Chemist: 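My questions all concern the structure below.
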Amino acid sequence: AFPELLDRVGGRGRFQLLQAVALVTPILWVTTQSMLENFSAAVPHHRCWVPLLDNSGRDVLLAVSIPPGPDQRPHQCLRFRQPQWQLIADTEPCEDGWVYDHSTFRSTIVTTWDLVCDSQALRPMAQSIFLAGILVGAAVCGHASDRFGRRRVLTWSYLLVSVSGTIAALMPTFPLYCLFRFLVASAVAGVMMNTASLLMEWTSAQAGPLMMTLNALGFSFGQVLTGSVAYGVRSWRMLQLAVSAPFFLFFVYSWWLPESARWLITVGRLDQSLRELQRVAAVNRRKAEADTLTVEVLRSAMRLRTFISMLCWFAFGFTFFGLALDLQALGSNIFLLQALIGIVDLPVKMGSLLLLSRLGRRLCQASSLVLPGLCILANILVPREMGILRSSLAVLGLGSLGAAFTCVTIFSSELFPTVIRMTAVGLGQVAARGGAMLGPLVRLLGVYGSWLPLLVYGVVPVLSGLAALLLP
Ligand SMILES: CCc1oc2ccccc2c1C(=O)c1cc(Br)c(O)c(Br)c1
């Protein structure tokens, strides 16, 4: 009978707008802490330390000291034992440390801990560990927000994000940085599920479109907050602090938001629920029907399609979270991409949805997965002679893969007996954050050709979208 009390107490109005505003803002920084592994773990050009150069014809010394490399560059992993002055066979690996290029980044984690050359597989694992953390944090938090409430967990998760982000920026060794990022990811997943649920519960029956639109449209401007804070702070020890600092201020003000009124009824905390409903009504200024609440009323109140959705969610999660955490290979000028993956997400999603829904729901579902797969697949074909075309396709693709996140939820998830969609939307997400941990692991296949990662990242969504045409 809870919708009746909600209608008696409000619906739209004022409070349901300030709550949405105060809950949407953390989503931007939540995005910031997930795509931050693109400007923090950046790999600049690295060469081998030499006694002749870099103190104890500059080009002549560079040519005589380092053997030439395959890709029209000096070798990044080998050096001459002695100066081969015959150049107007016998080589050893770098043992005096590397020298890096300090022209766009001052200090990345790679520069600090030498994650190059033989120790290359370490870099694509710090993101898999992060996503695994997200999964294990979104699994536990489910059976946590039922014995602790729903508002307290959000505040403690804000505090945990703040503390873990601050601590992870002052570690002296790699494994501690891997572990504290794991904790950060778990807390971030908890924040994102609790915020979604809190936005869900307090709203009326019209929670379907508006709130789920606001959550996504929040992630988009998010990308543009990374782009920006980056252009500003370049180092890596001063970036994690500058990103995790706002969460403490968020926790400080999160102590006043009223707790969800539906959970309080089912556990027997009637008096606090009455107080929360009364304060919500007072905020909403609809203090006319609040008199009727005299406790007694609240006392009385107290298979093929599923598989197709699973594959669609899995394909969406795998390609995006494995080709968007490597934008240094999709082009150049990183502080422009990871900053245009957003202004090309909102017009594109709106226009594509509006145009393709009238054709049909299944046509819209199919057209949103084959298109970006083909777009990404075409990227390897075009040579590097024209940069603008080399970089244009990826933005539109990764942009349209974002369109699945919305299209496959507010237009999909009805492919079932149609009782309530909330028992299917959650089931889809387990595969997304359970295939992104199987994401950047594909980038570990840089050896044995460099085109295979892009080929896989393009073919998998293509096959998923094409098989989606086999619904009957
Ligand atoms: C543009 C689409 C999009 O952009 C992001 C940027 C940062 C974090 C999540 C997302 C995101 C998601 O839809 C999403 C949400 C959750 Br929850 C996940 O576990 C995974 Br994987 C992906």
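Numbering of chain A is taken from the PDB entry, so the residues present carry the numbers 2-57, 68-99, 111-324, 347-516, in order. When reading the values below, keep in mind they use all heavy atoms of this one structure, side chains included, and skip hydrogens, waters and symmetry mates. Atoms within each ligand, like the ligands themselves, are counted from 1 in listed order. For this deposited structure, the header notes the method as electron microscopy, 3.5 Å.
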Chemist: Would you let me know which chain has the most contact with ligand 1, using the name from UniProt?
Modeler: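 Per UniProt, the chief partner is Solute carrier family 22 member 12.
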Chemist: According to the PDB, which drug is present at ligand 1?
Modeler: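 The name is benzbromarone.
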Chemist: I can't find it - what organism does the entry give for chain A?
Modeler: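 The entry lists the organism as Rattus norvegicus.
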Chemist: Which transmembrane segments of chain A (numbers per UniProt, starting at the N terminus) have a heavy atom within less than 4.0 Å of benzbromarone?
Modeler: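 Numbered as in UniProt, the segments with a heavy atom that near are 1, 4, 5, 7, 10, 11.
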Chemist: Which residues from other chains neighbour benzbromarone at a non-hydrogen distance under 4.0 Å?
Modeler: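 The heavy-atom cut-off picks out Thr32, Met36, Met214, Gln245, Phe360, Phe365, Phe449, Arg477.
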